[PDB]
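The following structure holds ensitrelvir.
The order of the sequence lines fixes the chain letters, beginning with A. Using the numbering of the PDB entry, the residues shown for chain A are 3-301, in order. Chain B is numbered as in the PDB entry, which gives 3-299 for the residues shown. First listed ligand is number 1; within each ligand, the first listed atom is number 1. Recorded method for this deposit: X-ray crystallography, 2.0 Å.
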Amino acid sequence: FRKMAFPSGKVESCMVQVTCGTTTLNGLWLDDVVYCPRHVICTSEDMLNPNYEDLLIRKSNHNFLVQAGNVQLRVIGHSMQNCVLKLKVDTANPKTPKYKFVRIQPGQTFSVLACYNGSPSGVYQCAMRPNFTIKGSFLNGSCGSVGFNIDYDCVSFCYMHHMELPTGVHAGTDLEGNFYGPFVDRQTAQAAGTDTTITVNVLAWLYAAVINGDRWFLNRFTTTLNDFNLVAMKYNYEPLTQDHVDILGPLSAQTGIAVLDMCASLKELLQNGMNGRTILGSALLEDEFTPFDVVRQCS
Amino acid sequence: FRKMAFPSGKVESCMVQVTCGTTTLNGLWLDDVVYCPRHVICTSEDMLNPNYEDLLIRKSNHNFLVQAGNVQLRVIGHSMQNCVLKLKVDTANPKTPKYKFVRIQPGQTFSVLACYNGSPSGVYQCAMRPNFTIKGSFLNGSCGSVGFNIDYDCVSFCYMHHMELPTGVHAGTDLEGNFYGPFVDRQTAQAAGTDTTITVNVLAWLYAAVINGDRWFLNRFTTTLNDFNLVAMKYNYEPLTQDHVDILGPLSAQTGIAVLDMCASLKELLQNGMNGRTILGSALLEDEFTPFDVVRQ
Ligand SMILES: Cn1cnc(Cn2c(=O)nc(Nc3cc4cn(C)nc4cc3Cl)n(Cc3cc(F)c(F)cc3F)c2=O)n1
Ligand SMILES: Cn1cnc(Cn2c(=O)nc(Nc3cc4cn(C)nc4cc3Cl)n(Cc3cc(F)c(F)cc3F)c2=O)n1
């Protein structure tokens, strides 16, 4: 049981470089549109406090250099949708996959294709934290990198990377250009709200640990849903809903451990700590696996 | 600090499925040759004690079903090299990347493209353990999945997946079909050797912490390499090689911390513990990040 990302080939074929002046970052080339963060129109003075509509109206199509590998694409039009700039180019991407734009919910996961100057560099899994940040691995030049899920060869794009926060966590937008979270595309120190743990995911990962032959954390006790949620909230875990209990059904079915039995197990781990032991080789309670991620990998 | 796979597209367009009778697994299509585990020529009753020489003699080109998706690639020649079958097909793969076949050493990491019936399903980074297993994540139908590194658009293939072991770890070969470790391609109960901690990678991890300002564990001591190797084995850590000291060179230069000074630091952590302090926010020493991985991140 490992963190596993989707195969990234369908997305790699879509990554390009966008440059405006000296400012440069990654864009996503779908059919005859390149999507990228609007931040690319900013000079370094602009970045500190940008008025984007005002900066964009003073831009021309020829102010935009788009490179797909070694070839240049000619921008024939441009517009802005919230924090995303849409560059119309004169050539369709012939490797455009079947795709959708989706906005994911906190707790859901997606694969990140990290890119630098339009070249893909790595791929890994992230989750949308409950405070709408993600804990990724991004360096300078990764602006415009995208997150995505793939189901039956259709790519669902859900994240476009924008900035690193002072705490090292990451903030971005969906592909309509709305930020996840209360952030803005400005170069100024921004804090996130207090983060909490994705409870249903921790439960999924405990089930994974059982499917993989580890049970030291299980106990005899059971709890009620409300009594478990009291303890969870006390430890800054998100509440567990009855929908979450239902989503965990197959994993309870497969292992024969009732969900509220697993909750009783998690409750004790939260109160008594891990006492030095490890679950799936981790010393902390892992919360970036969804029930689907666990199912997809154990079956 | 995350485990990061290489982008997988160059390898995705090389994955095919190979079927013999009802036995089906994954193969790798490069130019006009498909490479796959020879275990594919086994029926159920052959997998326990297969006679690969006598099984290949009953076989003709027309016994091999090779498919890119649902498209058949006609097999025009077949031969065995160690534990991999090489199938000559009538079509050169137009998406063949610039590639090499390499044999990796324990501690080196690589990306695994897990596949089922010729269809990629996931990608993740693995380290080769000192007992020549990998802590993979593989389901049934993953035989023939490959592991790789990508350097400047060149794909270096280093691993082809064959089997899961009772302990739940995995074993395979290089792309010339030579197993890593003391395993053989039979459906027999084989046990991984006792594993050890990858010392060069723990050191890389310590350099990563120092680069990030987390350096409490640095001490005023130094050691010789032989002295350190003899003590590391007593804590079930791998001894360091001359090549290991050299790939730590860039990190040693970046931080100004001599490789042997960092060994003395680790030796002190081995003999006394972390005493309740963390390194990169962790109480445990990570050993699956190589020095190259550390600098890449
Ligand atoms: C350390 N880190 C982790 N993730 C990131 C992503 N990131 C980025 O890649 N680039 C940024 N600013 C730029 C500077 C440029 C210099 N040149 C020549 N071209 C540049 C292009 C960019 Cl985008 N930023 C900062 C940043 C980007 C934003 F989109 C934003 F709204 C606010 C910000 F403060 C950045 O975080 N770096
Ligand atoms: C759970 N798991 C994790 N890794 C693996 C890898 N693995 C595999 O995918 N398949 C195997 N045996 C086959 C059975 C088949 C049934 N049909 C219809 N077709 C089949 C093809 C194969 Cl390869 N094995 C077992 C195995 C494969 C070998 F190559 C070998 F030398 C010895 C072995 F015991 C397997 O481990 N499964």
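- In the structure shown, the parts corresponding to ensitrelvir are ligands 1 and 2.
- The chain that ensitrelvir (ligand 1) touches most here appears in UniProt under the name 3C-like proteinase nsp5.
- Other chains near ensitrelvir (ligand 1) (heavy atoms under 4.0 Å), by letter: A.
- By the 3.5 Å distance cut-off applied to N or O atoms, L27(A) is not counted among the residues near ensitrelvir (ligand 1).
- Residues of chain A contacting ensitrelvir (ligand 1) are mostly from the UniProt domain Peptidase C30.
- The protein non-hydrogen atom at the shortest distance from atom 14 (C) of ensitrelvir (ligand 1) is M49(A) CE, 4.0 Å.
- Between the choices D187(A), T45(A), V186(A), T21(A), the shortest heavy-atom distance to atom 31 (F) of ensitrelvir (ligand 1) belongs to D187(A).
- Of all the atoms in ensitrelvir (ligand 1), the ones that sit under 4.0 Å from a non-hydrogen atom of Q189(A) are 32 (C), 34 (F).
- For the pair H172(A) and ensitrelvir (ligand 1), the shortest N or O to N or O distance does not fall below 3.5 Å.
- Nearest to atom 18 (C) of ensitrelvir (ligand 1) among the protein's heavy atoms is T24(A) O, 3.3 Å.
- In this structure, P39(A) falls outside the shell of residues with a heavy atom less than 4.0 angstrom from ensitrelvir (ligand 1).
- According to the PDB entry, the source organism of chain A is Severe acute respiratory syndrome coronavirus 2.
- Below 3.5 Å of separation, one finds an N or O of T26(A) facing an N or O of ensitrelvir (ligand 1).
- What sits closest to atom 7 (N) of ensitrelvir (ligand 1) on the protein, heavy atoms only, is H164(A) O, 3.7 Å.
- Considering backbone and side-chain N/O of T25(A), none are found under 3.5 Å from N/O of ensitrelvir (ligand 1).
- For atom 11 (C) of ensitrelvir (ligand 1), no protein heavy-atom neighbour is found at a distance under 4.0 Å.
- Using a 4.0 Å cut-off between heavy atoms, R188(A) contacts ensitrelvir (ligand 1) through its backbone alone, with no side-chain atom that close.
- For atom 25 (C) of ensitrelvir (ligand 1), the nearest protein heavy atom lies 4.0 Å away or farther.
- In this structure, atom 1 (C) of ensitrelvir (ligand 1) has a protein heavy-atom contact shorter than 4.0 Å.
- For chain A, the active-site residue flagged by UniProt that comes closest to ensitrelvir (ligand 1), at the heavy-atom distance given to 1 Å, is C145(A), 3 Å.
- Residue contact check: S144(A) has heavy atoms under 4.0 Å from atoms 4 (N), 5 (C), 6 (C), 9 (O) of ensitrelvir (ligand 1).
- Counting the atoms of ensitrelvir (ligand 1) from 1 in the order shown, those under 4.0 Å from a heavy atom of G143(A) are 8 (C), 9 (O).
- The residues of other chains having a heavy atom under 4.0 Å from ensitrelvir (ligand 1) are listed as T24(A), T25(A), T26(A), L27(A), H41(A), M49(A), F140(A), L141(A), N142(A), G143(A), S144(A), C145(A), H163(A), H164(A), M165(A), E166(A), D187(A), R188(A), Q189(A).
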